[PDB]
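For reference, chains are lettered A, B, ... following the sequence lines as listed. Using the PDB entry numbers, chain A covers 2779-2899, 2917-3199, 3226-3361, 3368-3394, 3406-4012, 4038-4128, in order. Since chain B takes its numbers from the PDB entry, the residues it shows come out as 2573-2580. So for chain C, numbering is the PDB entry's, and the shown residues are 949-1230, 1241-1303, 1323-1489, in order. Ligands are counted one by one from 1 in listed order, and the atoms in each one are counted from 1 as well. The entry is not shown in full; contacts are counted within the portion that is. Atoms considered below: every heavy atom in the structure, side chains included; atoms not considered: hydrogens, waters and symmetry mates.
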Amino acid sequence: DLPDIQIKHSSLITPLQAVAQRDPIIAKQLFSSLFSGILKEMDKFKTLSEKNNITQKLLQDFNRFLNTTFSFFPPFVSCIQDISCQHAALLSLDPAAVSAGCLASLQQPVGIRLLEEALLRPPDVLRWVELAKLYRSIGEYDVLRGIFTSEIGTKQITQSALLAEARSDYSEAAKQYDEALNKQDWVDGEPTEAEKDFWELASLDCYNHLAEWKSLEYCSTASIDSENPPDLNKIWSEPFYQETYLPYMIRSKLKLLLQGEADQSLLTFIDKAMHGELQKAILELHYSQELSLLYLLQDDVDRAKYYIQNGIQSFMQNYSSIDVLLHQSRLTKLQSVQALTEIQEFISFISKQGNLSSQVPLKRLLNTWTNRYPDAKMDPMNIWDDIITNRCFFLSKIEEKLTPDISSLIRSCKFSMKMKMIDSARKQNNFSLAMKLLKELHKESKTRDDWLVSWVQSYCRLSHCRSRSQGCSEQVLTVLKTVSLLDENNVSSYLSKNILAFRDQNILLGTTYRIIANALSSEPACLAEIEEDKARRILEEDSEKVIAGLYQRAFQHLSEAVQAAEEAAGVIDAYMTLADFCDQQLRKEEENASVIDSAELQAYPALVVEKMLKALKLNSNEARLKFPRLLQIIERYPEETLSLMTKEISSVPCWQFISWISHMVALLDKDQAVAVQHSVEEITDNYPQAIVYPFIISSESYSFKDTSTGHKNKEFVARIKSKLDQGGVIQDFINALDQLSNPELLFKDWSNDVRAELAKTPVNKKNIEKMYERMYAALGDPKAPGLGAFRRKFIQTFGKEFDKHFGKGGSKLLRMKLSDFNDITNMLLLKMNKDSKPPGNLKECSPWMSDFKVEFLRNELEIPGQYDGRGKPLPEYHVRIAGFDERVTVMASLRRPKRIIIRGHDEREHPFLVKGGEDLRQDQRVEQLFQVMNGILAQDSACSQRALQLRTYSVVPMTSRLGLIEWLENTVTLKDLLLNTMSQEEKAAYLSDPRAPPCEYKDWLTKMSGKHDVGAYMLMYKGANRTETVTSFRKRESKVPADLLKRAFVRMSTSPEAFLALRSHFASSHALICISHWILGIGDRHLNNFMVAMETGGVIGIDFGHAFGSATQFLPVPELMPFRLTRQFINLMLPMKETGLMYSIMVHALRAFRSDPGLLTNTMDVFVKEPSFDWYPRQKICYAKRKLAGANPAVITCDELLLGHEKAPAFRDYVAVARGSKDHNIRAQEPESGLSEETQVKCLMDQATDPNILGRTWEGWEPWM
Amino acid sequence: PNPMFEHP
Amino acid sequence: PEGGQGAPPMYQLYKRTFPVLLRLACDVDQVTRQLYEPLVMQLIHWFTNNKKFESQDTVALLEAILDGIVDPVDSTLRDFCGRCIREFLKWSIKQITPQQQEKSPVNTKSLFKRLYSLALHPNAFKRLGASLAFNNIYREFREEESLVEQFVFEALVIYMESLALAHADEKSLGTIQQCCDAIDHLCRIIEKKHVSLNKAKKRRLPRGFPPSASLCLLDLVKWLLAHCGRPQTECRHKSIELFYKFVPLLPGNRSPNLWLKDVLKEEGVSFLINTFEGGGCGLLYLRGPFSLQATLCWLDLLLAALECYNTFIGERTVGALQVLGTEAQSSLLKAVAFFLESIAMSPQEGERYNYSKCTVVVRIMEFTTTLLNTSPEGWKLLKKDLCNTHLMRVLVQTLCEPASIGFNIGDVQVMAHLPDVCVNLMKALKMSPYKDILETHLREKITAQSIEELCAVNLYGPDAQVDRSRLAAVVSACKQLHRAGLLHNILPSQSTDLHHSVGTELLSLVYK
Ligand SMILES: COc1ccc([C@@H](O)c2cc(-c3ncnc4cc(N5CCOCC5)ccc34)c(F)cc2Cl)nn1
């Protein structure tokens, strides 16, 4: 009847053990918990000496375990390793054994955790090398930058080889590893044995990725012995040899036998290894597939059957024991399944006699194989090579046991599979392997025609791909070897009829010409200087006509490709590769003045618009992101080719523009507001909720001209206005949302307005009369709001209180005209606060939401923050406003916003935030810029593998001085997370102790500057020198706990791999928002402008009040840091530092951002088209362009500091601190601009982490934490 | 001893 | 442990433990079920307690159950969670004190608001969950009165609206059955409650009603009169059934005949046309099969009007002459004739149009049989309005070879009821003043010499296509004729012999 909680221990212990005896994962957790609890208990008694003896015995036991196991059972190895992680006396386990164990069982996260905990508490080069090995096995080349510094006593060449491996450039990597191993002098010292082993292992890995089986075989067998080495038992000796050379020796020899090698050496080794029982167990448990293929070579089909079925059993047993949240271990475990099952299919096909007598079964098999491939861009090339080599061997076997065009039939399949592998290799940037594979395939390419054209097309696009990395004068060479054969006839009945191949040929030719011309534009004649038989090729006068003709032929081929495509997504690429090329030409000519250039580029502006609108007709996001460029191309060409865009826009889906509505409705007051009217008008009726608010802000100020055709311009706006508001539900919703904002704040609004009109000088006409309406209407005579809207319950008390001074205000202050006395105004505002009762404390402060209670089909509110752009809106599923909560809580700011929490029709509860005092158009434009970024960010391959995406909330401006912001669920500010991660004692010490940094910083400023308040900074800059500030900052930050973030992430992680995932995601997200907030320069990144999603660990940026550089340009104390990279953030990444993951993430993001700077620059044009309340706009965009085309961050900081704090008491010291020391900071030792992505990030983080800066910043910024 | 010691 | 810190708030564990408990209480295995179905039940017992009422844990349990009902595929969860809701109501009214069930989210009124929000929703599964919940709690709150009067009227109308939403949802997704059974359960409750307490109180105002403070019963039937011409098929159907079972049980027990007579005489005859045509009174491309949803929607409105007072004239409420005299000026007969004009004429929605085109022709035939089987006879108001030639060609093409007007052979239940309506129409026309047109029409394609010509030289073999399909259709049509009593009227014998010559020859054919 009720739960019988009166339960035994046996009824809990017994089932616990019963499950533990059934599931290895539950057994692993049970053992870990029991062991940790026992070792915790034995701390009470059993004092130091005996317990140290116990832990030493345990450490020896675990070393034993890790060194003696041969079947690396993942739960067992992981249990041992995380038990070791949990106890400090047990950390120093065995870095070599830990590495081998957790790398042989795909348990790298726990080993990484263990080695990082051991590297905490003469650099430990061995542990660092093992950690690097573990990280490298995962990928994680981002982390392998803060590992291999010279300050861990390690050579430069391993760093260079690893960063060569970061790009799939294994040829250079192996070429440097073998150089390292064969370098004798070594005049810095002698590399440690661990680093030598790292070089050899990485060399074997490189020769694995690059399919040189001869080199891999040699390098794997050359270490054990020489003189035809006896890999008969030597590998089984020296247990180091079994996890290092045995896998590679077997793989190399097998993959080499599979392609025809007669050699009967591996077979003997395997035969005599099966005599033993340990060797047989190792060899069957871990390979079971090499054995299958080896015995298929010997035609021993039955042993292949046994070994492959054993291998499937092993896959199953090993996969089911990998823990569920250990992704990318289950992925790599799953990547072998296709090879396993294809060996199985080959055995089944070759066994059944119904096959290999006719040809239909072989044809079906070839078909299925040609339609079954490993994934491109995801499956690494070892998997591809396994699949393709296995299939080639199978086809060879079937061929030689097929007596009854079959040779051509299978050669076609082999050709297709190898071409597919080559495409995949090119996409993954294994250029060396792609080139090699193309080489030995360029013999059968010509024995057919389609094969020849496919081969040359693949070759030339491969050359284009590898062109990007090369600087110049070399990429022209590489792409030039393409046109010499890309011009082959190929019309011999094939390009004549085959449209797709013609299109591809044209696009590739145009891209080659574009590459050559851009390279020669970069270096004008430097490339042509080194040219002997190339001057003819570039020439087909010498300075600019060459480039003009190159662009001309590129445009010709590209337009040919578009027209060929016009007769899907095969046309989208052509449309966009024309639009971007022509627009690139347009921007190129934009920064120069000429007439013949106009006459030659006059064909482009219309062509770009029409092609890109055709792209938008199709579902394209890469074009939808290019939309605001289509509006600057009309404002620049309004006397021509404008009606063309009207024709194109007329037929484009209605919703395809919901993102850019604020762009459009900011144009319906200017002369070319046509070409938009159709789209906005059909939006207004098709989706009458995505247009309401943007149109309300826009129509609030058009200020038409009515000079030529203003009548229709008003008419369209007015018919839209009538089309909207669907009665008065939206308008009175807005009005009620206005009359809970503090009236005092609206009152200082009018105060600042009037103080800027009459009290300065009586020369302003009719503005006083224009404002006369509002101050009677709002916070004036209490009858006025009752006449206008729902009279708030305060304004009658206001009129009663504001009667003695308001009498003269409304009687004689209409023409007060004294303009020099405002003390009465100041005191009346001050006393407005004496009797002020700001909080509503409940929802009767606005009697329209409190009693909303939807009762009629009143065009339901449909809660804002929706219509995110992408896709058809489907307004049906959008949430409607069912009501409002009774309680509203007010956020502690001077502008004192309220966060209301409103109930949707789904009866769920949607928190929100109202602030009716600010124009949030800037916050809306910043958020849509973030949308643009994480759109272009989602196109770069590097930024896509890491899944780099900004997190954005919905900012919906109701009207000027009234906005609505979406409150994201279950996120907490960074400051609160840090605070509640602390203990009570340290919380009290940090908050309520004058030795704490909050009080120490103020006392420092006071004692050195003599000022107890603001302005002590202006003198402090002229005061304490760099050494003093740095010393004070070091001592100051040495007083807060140094692992708050680490503790917070441990406490919410419940696992080793989970902690790594959360920490890496936090660091990745934070570095992304750092670089993004720098590109468009956002300041005031204090500890509350960061939210942490307590469900994912991601970071969210908040409160873009200081959108572009304005915390350094319009503040008493300026901000000189680019973003927030402070002590806690670095300490999160120990034992690594902020030169690994964060640096690499910022470099990838910056490369994606500067690969096409046009997007952001074009997007930020609304700031000048419709400037907001908070010369001015053009300069901000110019700065954003300049720090996006490569520019030293300190230079831009100094420029903004010049523009804002010129002729300041300490301006020169400001710029001195900002620019750097030239002997301590890399940002001062670099050119002003023309700067690389990597060097720019170097300087950027140097500025971010600078005690000469951080030691002297605004106190509220909380620099120490 | 059936140890929850109470009953809801 | 103490209330402050010794009581650890296990809300987070509950949020993730309750759903798996429900999933496990009902999955497949016997032993698991006997373990976990009770455990869930006494969990609901414990959490619905004056001690644990108005607690975050109870809210978590309720949200878990409600997410259980409104869910994708797993069927057993839906009904087990419905039983869970039933137990929740039972023990949240049993263990509780009545004056505490006021503001806590466990309150029955709040739960019903959640159910209603589920009902009105553009997802089929949420509406199905609301229907299941009511189908499980109906036995409660009716044995507990004093709240039936508050919101039974509110619940019934919005379940009707839920069914109206289900109209466009999908083809019999399983939500029409549940919603209809829900309103059925609510019918036999309301039909036993204000029999003697039909008092105009300020009961909870239902959606779609004009604001009022006295809504005892007459507003409901008046709303029915207003908008039972809706194009929502099952919704409209249940609405008219509710009308006919709700016009009794009124003060005076007055007959629907005098109800509709009084309504006509008090509000005008066109009251029964606008309400019975809605937006259908206010189209060439419909001749060809158009994928446009507007065509299907207008077909829907046509059918709604065609069936709405068709039921009223099949009943003795008001005859057709009153509602089709020179007083309505409707598009009824105009639309009928325009429809009959060119019905005979992507494929995927081609059949979508074709089926809905074919679901009305049978409605015209039953409509005509209704007209012809009523006391107010007289073809004058329908002499040649729809009853002209092309209606008869429709009848003859649905009598034989119905795969010409689009009747899909796949619809087994449609083409099994079809002979019934054909025979009923023909046997009603046998008494009609205009029967000769039927005779001539039928003679045009089925007659003796037509039989012998169709009785080709070869009938048995691999020629299953033509020699054995048209003949079978003709045989079926002749069987329908025999059922109607019109075998000889179309196929007479020869005066010379006494045996039916056609029958004798057909017997000889089969025997030989
Ligand atoms: C305990 O939380 C917090 C957080 C911050 C603070 C003060 O920095 C703070 C922040 C703002 C402010 N401004 C602009 N956008 C915002 C957007 C916000 N979002 C959107 C995304 O989802 C999460 C919430 C939140 C606050 C926003 C504000 F107007 C007043 C204050 Cl005093 N105080 N308390």
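Contact analysis gives the chain with most pairs under 4.5 Å to ligand 1 as the one UniProt calls DNA-dependent protein kinase catalytic subunit.
This structure shows the drug at ligand 1 to be nedisertib. Within the structure, the other chains placing a heavy atom under 4.0 Å from nedisertib are, by letter, A. Residues of chain A near nedisertib cluster mainly in the UniProt domain PI3K/PI4K catalytic. This PDB entry assigns chain A to the organism Homo sapiens.
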